[PDB]
Q: 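Got a PDB entry here containing S-thalidomide. Few questions.
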Amino acid sequence: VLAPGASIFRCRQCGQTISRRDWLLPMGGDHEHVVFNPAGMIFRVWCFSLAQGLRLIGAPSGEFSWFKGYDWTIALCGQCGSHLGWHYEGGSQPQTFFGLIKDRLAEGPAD
Ligand SMILES: O=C1CC[C@H](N2C(=O)c3ccccc3C2=O)C(=O)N1
Ligand SMILES: [Zn+2]
């Protein structure tokens, strides 16, 4: 298409470039996974094969992982520090991916 308006995802709080709709990843047959943490917070997580502009904090943990066989690290916006989701590693097909919180991103046109 010409002039697509739903191409890239930016940090909602600051505008840092984070990911792309083309990089959505259907984990378990769906890119969307609705999950809760031990504090009871519900997240609509979109899985992406790739992302940029984040800062991955600390070492991986398997504790409470929403995705079998993966360990996670918190992913902050590398610009403003907003908690955007998690990076998953240590698993299989794929070894790694990102789970980002949908409502913490803004979607819009490319570049
Ligand atoms: O797959 C995941 C990613 C991390 C996530 N997580 C949280 O969001 C959290 C908040 C406070 C204490 C502990 C946790 C934790 O494990 C969680 O529960 N599962
Ligand atoms: Zn940000």
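The numbers used for chain A are those of the PDB entry, and the residues that appear cover 14-124, in sequence. Keep in mind that the numbers below use all heavy atoms, side chains included, and drop hydrogens, waters and symmetry copies. Counting convention: from 1, in listed order, for ligands and their atoms alike. Method on record in the header is X-ray crystallography, 1.4 Å.
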Q: List the ligands or chains that belong to S-thalidomide, copies included.
A: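 It sits at ligand 1.
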Q: Report, using the naming of the PDB entry, the chain with the greatest number of heavy-atom pairs under 4.5 Å to S-thalidomide.
A: Cereblon isoform 4
Q: Which is it for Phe49 and S-thalidomide at heavy atoms under 4.0 Å: side chain, backbone, both or neither?
A: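 Near S-thalidomide, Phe49 shows nothing, with every heavy atom at 4.0 Å or more.
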Q: I'd like to check whether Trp99 has a polar contact with S-thalidomide, where a contact means an N/O of the residue lying under 3.5 Å from an N/O of the ligand.
A: no
Q: Among all protein heavy atoms, pick the one closest to atom 11 (C) of S-thalidomide and tell me residue, atom and distance.
A: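 Protein heavy atom with the smallest distance to atom 11 (C) of S-thalidomide: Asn50 ND2, 4.6 Å.
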Q: Would you please determine whether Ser78 falls within less than 4.0 Å of S-thalidomide on a heavy-atom basis?
A: yes
Q: Distance under 4.0 Å to a non-hydrogen atom of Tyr101: what atoms of S-thalidomide satisfy this?
A: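 In order of numbering, the contacting atoms are 1 (O), 2 (C), 3 (C).
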Q: If we only count N/O pairs under 3.5 Å, is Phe77 in contact with S-thalidomide?
A: yes
Q: Organism of origin for chain A, per the PDB?
A: Magnetospirillum gryphiswaldense MSR-1
Q: Hey, could you tell me which residues sit within 4.0 Å of S-thalidomide? Heavy atoms only, please.
A: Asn50, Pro51, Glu76, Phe77, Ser78, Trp79, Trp85, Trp99, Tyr101
Q: For S-thalidomide, list all ligand N or O to protein N or O distances below 3.5 Å, rounded to 0.1 Å.
A:
residue	atom	partner	partner atom	Å
S-thalidomide	1 (O)	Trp79	N	3.0
S-thalidomide	1 (O)	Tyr101	OH	2.9
S-thalidomide	8 (O)	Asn50	ND2	3.0
S-thalidomide	19 (N)	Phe77	O	3.0

